[PDB]
Amino acid sequence: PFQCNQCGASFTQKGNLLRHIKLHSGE
Amino acid sequence: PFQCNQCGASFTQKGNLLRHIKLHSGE
Amino acid sequence: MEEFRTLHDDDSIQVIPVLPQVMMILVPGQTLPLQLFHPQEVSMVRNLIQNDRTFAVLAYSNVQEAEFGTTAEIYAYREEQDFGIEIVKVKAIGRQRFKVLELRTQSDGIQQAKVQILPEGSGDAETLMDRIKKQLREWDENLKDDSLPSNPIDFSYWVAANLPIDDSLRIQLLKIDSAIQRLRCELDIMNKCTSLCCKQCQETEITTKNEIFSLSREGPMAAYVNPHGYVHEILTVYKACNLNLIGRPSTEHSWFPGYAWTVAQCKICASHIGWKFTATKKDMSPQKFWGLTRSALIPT
Amino acid sequence: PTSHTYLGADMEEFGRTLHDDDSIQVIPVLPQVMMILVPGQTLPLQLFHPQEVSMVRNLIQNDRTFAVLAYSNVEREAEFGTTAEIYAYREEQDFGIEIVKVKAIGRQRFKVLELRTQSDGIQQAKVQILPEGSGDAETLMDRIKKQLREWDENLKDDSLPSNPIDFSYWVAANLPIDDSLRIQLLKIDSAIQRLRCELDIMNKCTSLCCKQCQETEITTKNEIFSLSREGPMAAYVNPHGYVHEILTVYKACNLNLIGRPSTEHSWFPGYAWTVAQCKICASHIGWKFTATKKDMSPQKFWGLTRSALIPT
Ligand SMILES: N#Cc1ccc(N2CCN(Cc3ccc(COc4cccc5c4CN([C@H]4CCC(=O)NC4=O)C5=O)cc3)CC2)c(F)c1
Ligand SMILES: N#Cc1ccc(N2CCN(Cc3ccc(COc4cccc5c4CN([C@H]4CCC(=O)NC4=O)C5=O)cc3)CC2)c(F)c1
Ligand SMILES: [Zn+2]
Ligand SMILES: [Zn+2]
Ligand SMILES: [Zn+2]
Ligand SMILES: [Zn+2]
């Protein structure tokens, strides 16, 4: 349900989404 | 009382305050 | 507090004093409270009361300087002293944006800026204002349209002052002279963001736009000065998550009379996010609310 | 796939006589686009910001052309750029957000002389259209096609442009090379020299590693294959506007997949997609494509984003 706007990768928990979004920006 | 000037966070131990302020500075 | 309208003409070039400690992105119409203790700072405010009462707040994009800024007009002033230390407390209002042409420092350390008052391009699209307002009311639900301005220029700046957006977005606007371009960008913002997170880890959603509520006329956001001059722009929301509280509530210097404050910090990185406010009387309807510091959040 | 069926069906199709060489023109710049566009390459775009929708609506009624700058530092650092002409346009609105969907194609290179932003907010660039040199290049073009068959044209037909200038740009658009080297080819005005540098490049490129770690090979030129007429590389736009330049290879290594496949908004119809990431740094590298039926000629493939890969 938590989907990244750049690549489409979906996660069960938002904490996983947030730290994935932070990878698209180097961190 | 080991209070922080920036947010008012009060602490029982000085070292607890010190590592709290360093989270504001170098923020 | 002594209550107190300097309006430089467009494309006019002025030399305005700059409060250095201040590190904010002031929006025209937004109020900025200050508590000053440095002899030089009090000297400056005492001189400013005697002339046109306006100073400049630079909009630093870091790498330090800054290319723009907003003028601030002192409208409330009170002097007192504690520990023989003389403190000046002022309330100023943002009035006009400017391009910085030259920044120079005085012997006292107070900085002087030669600036150009930027023009305020306006336009139409009441349809844009009606849409923004609708989206805004759904976000807060406590908003009073009749408490919102009608002028496109004024409305754009109210929105610009009460939107939970990072400085880098606050700087992008203000840099736009066209009200319409400003309003549009505000819409693009409101339509592309629903959640707020801790800036230092960006791994914790703290609250959502549906939780934002207005406890006063200034709207969902507002600036407050703590007992040491640290200025905080506080976004009030009903509910928040991923926060740890520090200790017992305190009532000293509560910015919201009636409510106690306990510092709140990120569960993952422990960085300050704001304060939880809890009522001290069963009569108050909100009972519990959160005041998040704009400097510690970032939009999705 | 190059037709971009995903962006829309009922799209208006438009094309226009090109600006002459050494001409000085004034062209609006899309500030968001951050690609080194190559003449002939198609650029799909989904615009949501009201300012961009306002400009492109304005552009459809004039020359349908805008400028895509070439940033080396981006902080605007563009000395060169390419023009793009809208050939497909569709107006759309969902979730209370008004959407403009365009398909543009790179037409001409130019040198930037002046960038200024107007009162309306749109940024305009005065450009000087660079000349397109050509000549006899049969030898070079033959040398290139051969090395091309030894990579992907093993099973790929030689349906490539006859014009040296057009060939130089197809090779340029479908070469696994970093930006700083792509801009070099666009800075050459003579087809012949462009074709040469391309050859000297094709012979010196072997592997693709991840950029954030630079310690992990993902695939090899021998894996490159074309599932479209765009050659091995093409640009596709995702449902939130992100344009990705996709290199298709048959097999790749050092990737961890993220979860289960999806079929939504797939850029290669009939295939499903799963996000692919580097096993060492976890940076997004692309997507793995899996057929959804057994009759599918290729069954599983990888579409990597040039943004995440670095040569050798
Ligand atoms: N302002 C504003 C504004 C913002 C966003 C808006 N939205 C409106 C409604 N949303 C519909 C919808 C939701 C969910 C999906 C799932 O697919 C997703 C999701 C997220 C990222 C990616 C993908 C696929 N994918 C690649 C890789 C693989 C492949 O082969 N092809 C691709 O597409 C991605 O990168 C699909 C469509 C979408 C748009 C809007 F209407 C206005
Ligand atoms: N040169 C010089 C010079 C410098 C400083 C001087 N002053 C002298 C007098 N001191 C009075 C005093 C001390 C201690 C308190 C405890 O509360 C504190 C403490 C620290 C930070 C914060 C808070 C509260 N809080 C937020 C929470 C949310 C809310 O609702 N409101 C807020 O304010 C904070 O951020 C209150 C008042 C103050 C210092 C001076 F006399 C000379
Ligand atoms: Zn992602
Ligand atoms: Zn603190
Ligand atoms: Zn945090
Ligand atoms: Zn890697």
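All chains are named by letter (A, B, ...) in the order of the sequence lines, taking the proteins before the strands, and each is independently numbered beginning at 1. Header entry for method reads X-ray crystallography, 2.2 Å. Any value given below was found using the heavy atoms of this structure, including those in side chains, with hydrogens, waters and symmetry copies removed. Indexing begins at 1, ligand by ligand and atom by atom, following the structure's order.
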Provide the recorded name of the drug at ligand 1.
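That would be mezigdomide.
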What is mezigdomide (ligand 1) bound to in this structure, taking the chain with the most contacts and naming it as in the PDB entry?
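Greatest contact count: Protein cereblon.
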Which other chains are in heavy-atom contact with mezigdomide (ligand 1) at under 4.0 Å?
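Heavy-atom neighbours of mezigdomide (ligand 1): A, C, D.
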Starting from atom 31 (N) of mezigdomide (ligand 1), find the nearest protein heavy-atom neighbour and note its residue, name and distance.
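Minimum-distance protein heavy atom for atom 31 (N) of mezigdomide (ligand 1) reads D:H265 O, 2.8 Å.
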Give me the nearest non-hydrogen protein atom to atom 40 (C) of mezigdomide (ligand 1) as residue plus atom name, then the distance to 0.1 Å.
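Answer, as residue, atom name and distance: D:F48 CE2, 3.5 Å.
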Among protein heavy atoms, which sits nearest to atom 9 (C) of mezigdomide (ligand 1), and what does the distance come to when rounded to 0.1 Å?
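Scanning the protein heavy atoms, the shortest distance from atom 9 (C) of mezigdomide (ligand 1) goes to D:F95 CE1, 3.4 Å.
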At what distance is the nearest protein heavy atom to atom 1 (N) of mezigdomide (ligand 1), and which residue and atom is it?
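For atom 1 (N) of mezigdomide (ligand 1), the nearest protein heavy atom comes out as C:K192 CG, 3.1 Å.
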Option with minimal heavy-atom separation from atom 17 (O) of mezigdomide (ligand 1), where the choices are D:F289, D:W273, D:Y271:
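That would be D:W273.
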Shared residues: UniProt (S)-thalidomide site in chain D vs. heavy atoms under 4.0 Å from mezigdomide (ligand 1):
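UniProt annotation plus heavy-atom distance gives D:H265, D:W267, D:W273.
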Name the option, out of D:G303, D:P239, D:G286, A:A9, that contains the heavy atom nearest to atom 37 (C) of mezigdomide (ligand 1).
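Nearest heavy atom to atom 37 (C) of mezigdomide (ligand 1) lies in D:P239.
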Contact check, A:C4 vs mezigdomide (ligand 1), heavy-atom distance below 4.0 Å:
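Yes, that is the case, since the closest heavy atom of the residue is under 4.0 Å from the ligand.
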Does D:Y6 come within less than 4.0 angstrom of mezigdomide (ligand 1), counting non-hydrogen atoms of the residue?
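No, D:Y6 has no heavy atoms under 4.0 Å from mezigdomide (ligand 1).
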Test of proximity, D:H240 against mezigdomide (ligand 1): N or O pairs below 3.5 Å:
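Among all N and O atoms of D:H240, none is under 3.5 Å from an N or O of mezigdomide (ligand 1).
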I'd love to know the name the PDB entry uses for chain A.
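In the entry: DNA-binding protein Ikaros.
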Entry source species for chain D
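The deposit names Homo sapiens.
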Region of A:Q6 engaging mezigdomide (ligand 1) - heavy atom pairs below 4.0 Å:
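Under 4.0 Å from mezigdomide (ligand 1), A:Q6 contributes backbone atoms alone.
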Does D:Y242 have a heavy atom less than 4.0 Å from any atom of mezigdomide (ligand 1)?
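Not so, D:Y242 does not reach mezigdomide (ligand 1).
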Among all protein heavy atoms in this structure, tell me which lies nearest to atom 30 (O) of mezigdomide (ligand 1), with the distance rounded to 0.1 Å.
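Answer for atom 30 (O) of mezigdomide (ligand 1): D:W267 N, 2.7 Å.
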Within 4.0 Å (heavy atoms only), which residues surround mezigdomide (ligand 1)?
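Heavy-atom contacts: A:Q3, A:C4, A:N5, A:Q6, A:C7, A:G8, C:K192, D:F48, D:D94, D:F95, D:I97, D:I99, D:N238, D:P239, D:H240, D:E264, D:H265, D:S266, D:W267, D:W273, D:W287, D:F289.
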Taking a 3.5 Å cut-off between nitrogen or oxygen atoms, can you list every pair linking mezigdomide (ligand 1) to the protein, with distances?
from                   : atom 1 : to     : atom 2 : distance (Å)
mezigdomide (ligand 1) : 30 (O) : D:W267 : N      : 2.7
mezigdomide (ligand 1) : 31 (N) : D:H265 : O      : 2.8
mezigdomide (ligand 1) : 31 (N) : D:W267 : N      : 3.2
mezigdomide (ligand 1) : 31 (N) : D:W267 : NE1    : 3.4
mezigdomide (ligand 1) : 33 (O) : D:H265 : O      : 2.8
mezigdomide (ligand 1) : 33 (O) : D:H265 : ND1    : 3.0
mezigdomide (ligand 1) : 33 (O) : D:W267 : NE1    : 3.2
mezigdomide (ligand 1) : 35 (O) : A:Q6   : O      : 2.7
mezigdomide (ligand 1) : 35 (O) : A:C7   : O      : 3.4
mezigdomide (ligand 1) : 35 (O) : D:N238 : ND2    : 2.9

